[PDB]
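The next PDB entry has AZD6482 among its components.
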Number of protein chains: 2
Amino acid sequence: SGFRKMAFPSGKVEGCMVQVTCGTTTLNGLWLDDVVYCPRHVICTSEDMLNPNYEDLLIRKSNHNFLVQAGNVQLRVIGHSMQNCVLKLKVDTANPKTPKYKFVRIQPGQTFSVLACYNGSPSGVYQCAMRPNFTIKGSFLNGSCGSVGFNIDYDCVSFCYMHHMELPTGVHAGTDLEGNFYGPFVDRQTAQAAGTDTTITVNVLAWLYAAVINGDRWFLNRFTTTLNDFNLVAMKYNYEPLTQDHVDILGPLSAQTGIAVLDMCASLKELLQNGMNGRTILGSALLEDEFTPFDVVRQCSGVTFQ
Amino acid sequence: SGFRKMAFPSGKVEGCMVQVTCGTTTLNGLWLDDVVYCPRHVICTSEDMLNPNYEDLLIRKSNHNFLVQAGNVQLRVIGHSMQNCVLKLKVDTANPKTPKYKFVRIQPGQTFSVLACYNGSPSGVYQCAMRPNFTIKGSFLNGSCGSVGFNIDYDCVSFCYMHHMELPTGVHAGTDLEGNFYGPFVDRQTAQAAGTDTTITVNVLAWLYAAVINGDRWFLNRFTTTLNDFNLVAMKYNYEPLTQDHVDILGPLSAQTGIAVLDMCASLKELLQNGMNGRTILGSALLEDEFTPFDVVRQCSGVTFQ
Ligand SMILES: Cc1cc([C@@H](C)Nc2ccccc2C(=O)O)c2nc(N3CCOCC3)cc(=O)n2c1
Ligand SMILES: Cc1cc([C@@H](C)Nc2ccccc2C(=O)O)c2nc(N3CCOCC3)cc(=O)n2c1
Ligand SMILES: [Ca+2]
Ligand SMILES: [Ca+2]
Ligand SMILES: [Cl-]
Ligand SMILES: [Cl-]
Ligand SMILES: [Cl-]
Ligand SMILES: [Cl-]
């Protein structure tokens, strides 16, 4: 029993982390097969990050300008290319620690683990969610760019995030592994800010199911509601609208606990309208929205990985 | 920037996890050099866990009764011994993935990462603290026994916890890697319950320092206090007494931020007496006490590991 914000085991990703240096700048790269992936702004000086012309800055770079180090061993770069906002470096050796992997562009509300790295060395692992406004609330310092986010399905690592930028807000923005930013952000230090940070309703509901499975049930009530009635409340509190697709995804948790989804919605409605009155749920005094329904089923059943 | 509940990279430990089966029972073991460590109650049936005589139950076991599997490969057991509440199995092959490691018995209030495992397969990683009452608030299901907790210092893994028992309360108890339980708990399913769960004051203070370093400073006030005055408040709210040793450990964070430790104590005092008034600190509506001062300095500076 017990519920915790749980990250995937990071060993498979640790074996893919390398250090990439372009003249003055050092950040992290991801080494899979014979390609190293890193943020293209590695080719930039801090003087360039205001209005960089990435295509022009890359004309002055050759393969031998990209210094790639896997732990202690230097990799030989035999080609380079820009794909959207990521630089791909072809090396002459396939990473022997390459796991089975895929590249995935995740949807807002989905969760993933982040391996925070500096100078190609792993530092820590924690769980994140892609916010509805396409930011993540992470822990990233200077040098952490190129750290990746991922999910693990038994033996396969699905890479979904590469870290690029910290916004003035203190939240974080980045790309998928094809180099396309999540949301409207660009790899330029300009005036960009995050939109409304809406709460992921279906995740809060999943987490309430997780709470009931663990004995935290003081929030269950005698009420029910409808999708349209609940959504009037969700809107007022800057919650995402709940759809029938969300209800269906909660099906297994509804079946396991015998709590109708709309009954749980009426519990959430009361929590939003009245607060918690100084109580707690699964050790939290706030409503948690970075557990997906799959996350709750995963943890509450004990699924393992290669 | 940003602060997150961050676990150590788990790869070095993943390579040490194995499955141990004794007749009917399967749990996890830790394979370091040519020894496998696991909870001794692997030799028990569910009928034995009420009043087990571990010495008598072990008389009927031989080396070939202990089935040890590292992923897919079976290990040959050439000796077995009981040390306190842990069973040590000598195998004929040294784990080639053995990291540099040590065994450490941690103090209450110290934190560590847990690699939750089932059938010798890693499932997830999360950060824990040894509570003042010698329990941990973890995420453990049946089959998770033998999962370990650890800290990583650059290249060295310091193992500090092995999971054994879930108390009726829903909290968790276990041993160091010499098999000595933390606290008064025993590996018997009897009437045992946790004592008063006191809050780790020095950790809350460290986390308030972490908050200021990130722009959450609404809780700073115009007040100060004394150790004895603050401790009158700590006692009332079931906080651990703060000592000069605690003040000294907070020195580096006090120096970095220019906030006198006793000034921060007056901020915590006001928070305890008035609550948060519906505000939040580093994304929490509660006062967090599972970050040590070292944890805050670690994350806020970017220390990495082998
Ligand atoms: C041996 C090889 C291969 C490539 C290209 C064709 N292929 C890759 C380049 C980078 C990473 C992966 C690959 C790949 O083929 O999988 C490549 N692309 C280069 N570019 C610079 C000018 O603009 C176009 C890209 C330069 C170079 O020396 N290359 C060498
Ligand atoms: C080859 C070897 C070695 C040992 C002991 C001496 N050594 C270990 C036993 C278990 C794990 C590690 C070691 C070690 O020597 O490091 C050992 N201890 C056994 N015991 C059963 C009866 O009560 C005493 C223990 C049985 C056995 O076949 N052993 C075989
Ligand atoms: Ca295979
Ligand atoms: Ca060495
Ligand atoms: Cl892994
Ligand atoms: Cl490698
Ligand atoms: Cl590791
Ligand atoms: Cl191994």
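The sequence lines fix the lettering, A, B, ..., with proteins before strands; numbering per chain opens at 1. Each ligand, and each atom within it, is numbered from 1 in the order the structure gives. These values consider heavy atoms only, across backbone and side chains, with no hydrogens, waters or symmetry-generated copies.
- The structure holds AZD6482 at ligands 1 and 2.
- The name UniProt gives to the main binding partner of AZD6482 (ligand 2) in this structure is 3C-like proteinase nsp5.
- Counting only heavy atoms under 4.0 Å, the other chains near AZD6482 (ligand 2) are B.
- Counting heavy atoms under 4.0 Å, the binding site of AZD6482 (ligand 2) comprises B:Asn63, B:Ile78, B:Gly79, B:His80, B:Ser81, B:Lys88, B:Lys90.
- Distances below 4.0 Å separate heavy atoms of B:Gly79 from the following atoms of AZD6482 (ligand 2): 27 (C), 28 (O), 29 (N), 30 (C).
- Mapped onto UniProt domains, the residues of chain B touching AZD6482 (ligand 2) mostly lie in Peptidase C30.
- Regarding atom 20 (N) of AZD6482 (ligand 2), its nearest protein heavy-atom neighbour is B:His80 O, 2.8 Å.
- Nearest protein heavy-atom contact of atom 28 (O) of AZD6482 (ligand 2) is B:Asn63 ND2, 3.3 Å.
- Scanning all protein heavy atoms for the shortest distance to atom 1 (C) of AZD6482 (ligand 2) gives B:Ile78 O, 3.4 Å.
- Covalent status of AZD6482 (ligand 2): not bonded to any chain.
- The contact set between AZD6482 (ligand 2) and B:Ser81, taken as ligand atoms under 4.0 Å from a residue heavy atom, comprises 9 (C), 10 (C), 11 (C), 25 (C).
- Remark: atom 5 (C) of AZD6482 (ligand 2) lies closer than 4.0 Å to no protein heavy atom.
- For B:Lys90, no nitrogen or oxygen atom sits less than 3.5 Å from a nitrogen or oxygen atom of AZD6482 (ligand 2), counting backbone and side chain alike.
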